[PDB]
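In what follows, a single structure is set out as structure tokens and then discussed.
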Amino acid sequence: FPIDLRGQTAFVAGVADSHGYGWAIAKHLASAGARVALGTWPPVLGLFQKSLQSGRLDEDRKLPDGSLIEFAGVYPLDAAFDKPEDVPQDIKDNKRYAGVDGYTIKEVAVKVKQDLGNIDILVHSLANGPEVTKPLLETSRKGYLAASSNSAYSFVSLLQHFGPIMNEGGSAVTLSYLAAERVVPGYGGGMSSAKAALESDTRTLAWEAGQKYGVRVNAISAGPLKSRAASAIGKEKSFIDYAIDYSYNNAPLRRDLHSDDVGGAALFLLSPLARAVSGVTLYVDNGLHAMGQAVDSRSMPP
Amino acid sequence: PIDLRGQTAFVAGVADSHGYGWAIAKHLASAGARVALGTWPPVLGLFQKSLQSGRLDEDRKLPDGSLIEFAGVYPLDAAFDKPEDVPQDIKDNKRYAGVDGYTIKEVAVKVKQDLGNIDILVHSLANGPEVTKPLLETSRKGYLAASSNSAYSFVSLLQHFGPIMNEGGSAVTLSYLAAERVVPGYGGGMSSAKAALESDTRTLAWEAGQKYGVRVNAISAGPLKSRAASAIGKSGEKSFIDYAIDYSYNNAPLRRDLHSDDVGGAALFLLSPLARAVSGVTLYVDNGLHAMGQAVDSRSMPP
Amino acid sequence: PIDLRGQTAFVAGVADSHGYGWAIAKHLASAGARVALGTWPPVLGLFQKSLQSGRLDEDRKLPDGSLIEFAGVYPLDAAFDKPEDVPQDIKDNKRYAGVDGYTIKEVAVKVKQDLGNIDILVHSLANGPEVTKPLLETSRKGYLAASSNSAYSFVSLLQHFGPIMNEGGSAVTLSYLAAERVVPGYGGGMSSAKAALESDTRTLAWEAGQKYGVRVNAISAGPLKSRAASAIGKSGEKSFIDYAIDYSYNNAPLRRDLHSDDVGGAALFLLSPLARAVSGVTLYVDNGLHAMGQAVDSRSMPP
Amino acid sequence: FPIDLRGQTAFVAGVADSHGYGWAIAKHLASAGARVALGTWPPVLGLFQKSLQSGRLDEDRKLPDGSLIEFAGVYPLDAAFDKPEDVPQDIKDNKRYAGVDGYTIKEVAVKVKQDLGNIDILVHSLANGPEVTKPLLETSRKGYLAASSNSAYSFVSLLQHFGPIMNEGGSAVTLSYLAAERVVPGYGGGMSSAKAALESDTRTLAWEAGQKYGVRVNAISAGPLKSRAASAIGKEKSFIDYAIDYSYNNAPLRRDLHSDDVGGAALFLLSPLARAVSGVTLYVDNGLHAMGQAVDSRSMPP
Ligand SMILES: NC(=O)c1ccc[n+]([C@@H]2O[C@H](COP(=O)([O-])OP(=O)(O)OC[C@H]3O[C@@H](n4cnc5c(N)ncnc54)[C@H](O)[C@@H]3O)[C@@H](O)[C@H]2O)c1
Ligand SMILES: NC(=O)c1ccc[n+]([C@@H]2O[C@H](COP(=O)([O-])OP(=O)(O)OC[C@H]3O[C@@H](n4cnc5c(N)ncnc54)[C@H](O)[C@@H]3O)[C@@H](O)[C@H]2O)c1
Ligand SMILES: NC(=O)c1ccc[n+]([C@@H]2O[C@H](COP(=O)([O-])OP(=O)(O)OC[C@H]3O[C@@H](n4cnc5c(N)ncnc54)[C@H](O)[C@@H]3O)[C@@H](O)[C@H]2O)c1
Ligand SMILES: NC(=O)c1ccc[n+]([C@@H]2O[C@H](COP(=O)([O-])OP(=O)(O)OC[C@H]3O[C@@H](n4cnc5c(N)ncnc54)[C@H](O)[C@@H]3O)[C@@H](O)[C@H]2O)c1
Ligand SMILES: Oc1cc(Cl)ccc1Oc1ccc(Cl)cc1Cl
Ligand SMILES: Oc1cc(Cl)ccc1Oc1ccc(Cl)cc1Cl
Ligand SMILES: Oc1cc(Cl)ccc1Oc1ccc(Cl)cc1Cl
Ligand SMILES: Oc1cc(Cl)ccc1Oc1ccc(Cl)cc1Cl
């Protein structure tokens, strides 16, 4: 009864597997009585579906009481496209999309409205920076704009198409990284840039969507977590691995950051306990954000 | 769900049912915490009687239909750390007659004695004698008092409770936006002392996080007509706070009445295992007012 | 005093005498810089004629009674990096007839050719086709355009000028408050793209600071009725910008008319050896509006 | 002519020697045509006076053109006291104060008004944390309150007593440190705390003083500099020495931070070039503020 989402329905954009923050959020949302629908990137939908029906993810679905998480729908969704006229021929051609239709944001909204009705909870757990491993001086207009398009406009588009089907008192969460506010070497490709805009837009949307639909809009700035999208930067030992160590050694709380930690925080920002909370960037990072200085620097002593 | 059974909390700065302290206490209990309270001695008697009568039973009802009961109500003056710090005027002050052992060190001891190690600590108190005065008209004695009562109190409170706090425990305090941007009428260096409070939340989140594995956070709240807010500007007319609430209602993303429960629940989260990777933050619980860079109802502006 | 003799600057985004770009140029020159300009090709002709006629000579007078002369006025489209990026419609666009070599790579080359390594770089341009539209009514094509023209342009500009910039050189860009807090009517994802711009200032201050020992800063400006600001909301009536200026005048610490010189001089500092330990900052040049947490002239509120 | 302060008069609180930021600010202000008066802590006034008349500081006074800096007055000033009734008997007793009167903020304001007239420029370059080397968990009410009183209220009091004698369009600068916003280990004793309040009050004063006198109010957050007050923390190799290294190795600009660097920045914030600038915290720190991560951490590689 302190968090109780029975009755409510949630849509979680960006779940391809059990290793990202999206999975964890969906897991907790569901754990609280909500109906949870996923939006899944089409090229990877096939393998995800397999994973689920094979019983290969039955461990990662175990809710505290042994029950397994049901998903009330798993929708093809490419949040780089707002509507049909936007999808290139080479994508409709592309083998990997071959099989499913109705995967633009406008179309997924429409599918969800009539399959499930109005929703309560909207989760944006997805980014894509083609040139993430390039520093800004080496990132191209096209790679920068793609990172913006995939990782920030995607959120605005989602709100634009889901807010009309969202109940008054609904809530929406997205996910940033500290790079948005402060320099993080290695996080390139205009991703820092895009996250900064994701944060700005979390504020503007909180306003526009607060007034138009009474729907809250918040962000979590989250610490490093070895998701599959995170392992692919530098694709040996790599961006995320060093990120995890740096935070272990320098954060106020010395502990492993678990995907569920963001899961819990998301649950709060999407629950009635947060009815007065909007426009916020909430740090879920063991407190790393609060430091002005490394405590494991070579430039002092151990 | 979130489950605080087995856990004990001390909420400091509870004298009535109208405070953010009350609402927080009411939410820790409804999640199954044991809740002991801290109450400024001058008003302890009138508070004890309010509970004991039954006047607060409306305000005491939890979701399950039962009634919050407290596990001890401690006299507490957060302006004092030790009994040597209490001056003669207060020892022999008529408002403080009957009450004993209310300095921070002593309360922390009796709380250890009577209850054992706590898990949760709330700092929900403030006081600045010259709050009505702008900063250009505020004195060293009163500004320093504002810092003493509203900022340092949180430092001492952590210092003296930290040791009796379980690994993975939480402390949270309460600020107002004025700490980051100017809110007129929020005077007496309360603005100053809330910025200090926020800074200390970060610094202590480090210190207490490294030493005790305790989390430390701050909720920056929006306007609420609590007893203390009513006292600001006091005549008997539409006060500082009335205008704050009106302004927020008219300029916040969410057009809404902020209720003490709204913070109750925001805090509940912060003091719960759901927040175990959250520390050192300033969580705006203000209907989104903080995010605005411009009032919408300005007279420069059309409706 | 501060002395820019021997130094050369390229100020990008100058088509009239009403812009913040103009005022900055006018201040670099009055400190004895050589100032070459960047001008969007569609308006280059009308700009060249304005200077050449003598219509701007009022706007051209420096403190010493003389007249700013420019060391070359380059056609520049910051939406394009290379001549392969320019599409056929623009190649054969009537507004672009006569002008050649205006992509960022090419301008940086001719600037190297004609003048050598520069010391100072100003980014004073923005464009977002759907600026009148709130974000909930903004398109991917237009939001992306806003980022392309107003944010990435600064990245490319540094990328392509960095190499021809002297150790200890400066670049500065221009933002608006909306990047941090909501300013209604500032739409089309201009808000979004200014936040990106500010973030990149920090990231590039690192990157360019480590590689070139170049500084990189951002002035967050207050409202000014420049040509581009007048175009926002355009009917023929009291516009978005008129209300911005009124609001600021009524709610800023300093009750004052913000003039383009106010930024001219703030920037001058940032691009001068006085600022050699300053990099990655967002300097509010806004009569102190940014510091406020509440409008004073709200209709919730009494005069 | 780009900065030209001839005619104007400045008062610089907190100059005891040629090694602090106060000296540098005063040096540049004077360098620009201003009359510059100093407020100097009484216990150290004697030695300072000596230093100046002995010709021992004639190097540090050399302005670019070889001319030497004149000071239009050097006032006893203990900014822990607002007015005569506030000074304890043991301080009036104290040998070190024995010799000079009129050293409270109210009295120095009054002395300056009639010796020099109305002023234009006010500089607050002073702090004192009795327990700076103690972390916050170990700092006492008294030490915390003293750090607040010395380093933050001091500024409010100065504005309170100088603003009445300040010309419209005047300007005022104080000096913070990054500890105010983000955790810096070693900077204890409630100094972080006080600086946070110094920043808050720079904003509130910009408002109160903007409206009441048309006087601007700004802060510089400055990087580490081996002033004499800075050498006394840890009083061997110590807080400031490590601070200087950490910033050398981790800041966007890899260069020595010189007292003049803050001097220049101060000059700007106190000049007509800043007439639209108020309420600001201006970072003069080689860009250290902008980083979210050390680049010399043990937790990666070199
Ligand atoms: N893992 C971390 O350390 C970390 C830290 C901070 C923030 N984040 C953020 O959290 C979010 C999820 O990241 P994660 O680590 O859980 O990654 P993840 O491995 O869950 O996958 C990212 C997801 O986005 C999807 N995606 C990419 N392009 C898409 C498109 N065009 N349309 C629809 N979906 C697309 C993929 O299906 C994938 O599920 C990301 O936005 C990221 O910015 C992650
Ligand atoms: N009410 C609001 O609008 C609002 C907004 C933002 C922040 N806050 C903050 O929340 C906290 C709770 O206050 P509130 O608004 O709920 O009203 P309240 O009436 O509950 O708060 C005042 C309480 O603090 C206690 N107290 C005051 N001075 C004390 C002292 N010297 N020693 C010990 N206890 C003392 C009193 O007993 C009283 O119970 C305050 O710290 C305040 O800064 C309140
Ligand atoms: N005027 C204000 O109130 C205000 C406030 C805050 C920030 N700013 C910023 O300051 C900068 C200068 O603009 P301004 O207000 O001085 O007016 P302006 O009319 O001088 O700015 C527009 C200029 O940028 C150029 N430009 C526009 N799109 C371009 C493109 N795609 N490629 C190359 N050049 C292009 C134009 O030639 C034009 O000269 C802008 O970046 C803006 O974001 C202005
Ligand atoms: N040096 C640094 O690295 C550094 C970094 C950031 C900020 N600062 C700040 O700059 C300011 C000056 O510091 P600095 O390094 O130049 O120190 P400094 O060596 O110049 O001396 C501090 C000054 O404050 C004075 N003082 C102390 N208590 C006083 C009192 N009660 N009344 C009047 N004066 C008093 C002393 O006379 C001394 O001149 C300080 O406020 C400090 O917070 C210094
Ligand atoms: O934003 C992130 C930050 C971190 Cl530390 C780790 C992973 C993140 O997520 C991504 C990073 C790059 C790409 Cl291409 C895609 C994704 Cl989902
Ligand atoms: O901090 C606050 C902010 C607001 Cl808007 C309203 C009340 C607040 O709380 C206080 C303000 C002044 C005093 Cl003397 C005591 C308290 Cl508890
Ligand atoms: O950024 C700005 C902020 C303000 Cl208040 C006023 C003008 C601004 O500048 C622009 C805004 C929109 C477009 Cl299309 C182009 C430009 Cl140059
Ligand atoms: O604030 C400061 C920050 C830094 Cl890095 C260095 C020196 C500073 O200045 C002081 C620090 C402590 C005390 Cl007791 C007095 C002063 Cl003037």
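Chain A corresponds to the first sequence line; subsequent lines are lettered B, C, and so forth. We number chain A the way the PDB entry does; in order, the residues shown are 3-237, 240-306. Using the PDB entry numbers, chain B covers 4-306, in order. Following the PDB entry, chain C residues are numbered 4-306, in order. All chain D residue numbers match the PDB entry; in order, they span 3-237, 240-306. Side chains included, hydrogens not; waters and symmetry mates left out as well; all remaining heavy atoms used. Counting starts at 1 for both ligands and their atoms, following the listed order.
Picking from triclosan, minoxidil, diprophylline, the compound at ligand 6 is triclosan.
The chain with the most heavy-atom contacts to triclosan (ligand 6) in this structure is named in the PDB entry as Enoyl-acyl carrier reductase.
Within the structure, the other chains placing a heavy atom under 4.0 Å from triclosan (ligand 6) are, by letter, B.
For triclosan (ligand 6), the residues with heavy atoms nearer than 4.0 Å are B:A129, B:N130, B:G131, B:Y179, B:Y189, B:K197, B:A231, B:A232, B:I235, B:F243.
At the shortest separation from atom 11 (C) of triclosan (ligand 6) among protein heavy atoms lies B:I235 CD1, 3.8 Å.
Closest protein heavy atom to atom 10 (C) of triclosan (ligand 6): B:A129 CB, 4.3 Å. Considering backbone and side-chain atoms alike, B:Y189 places an N or O below 3.5 Å from some N or O of triclosan (ligand 6). Shown in contact with B:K197 at under 4.0 Å from a heavy atom are these atoms of triclosan (ligand 6), numbered in order with element: 1 (O).
Among protein heavy atoms, atom 14 (Cl) of triclosan (ligand 6) sits closest to B:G131 N, 3.3 Å.
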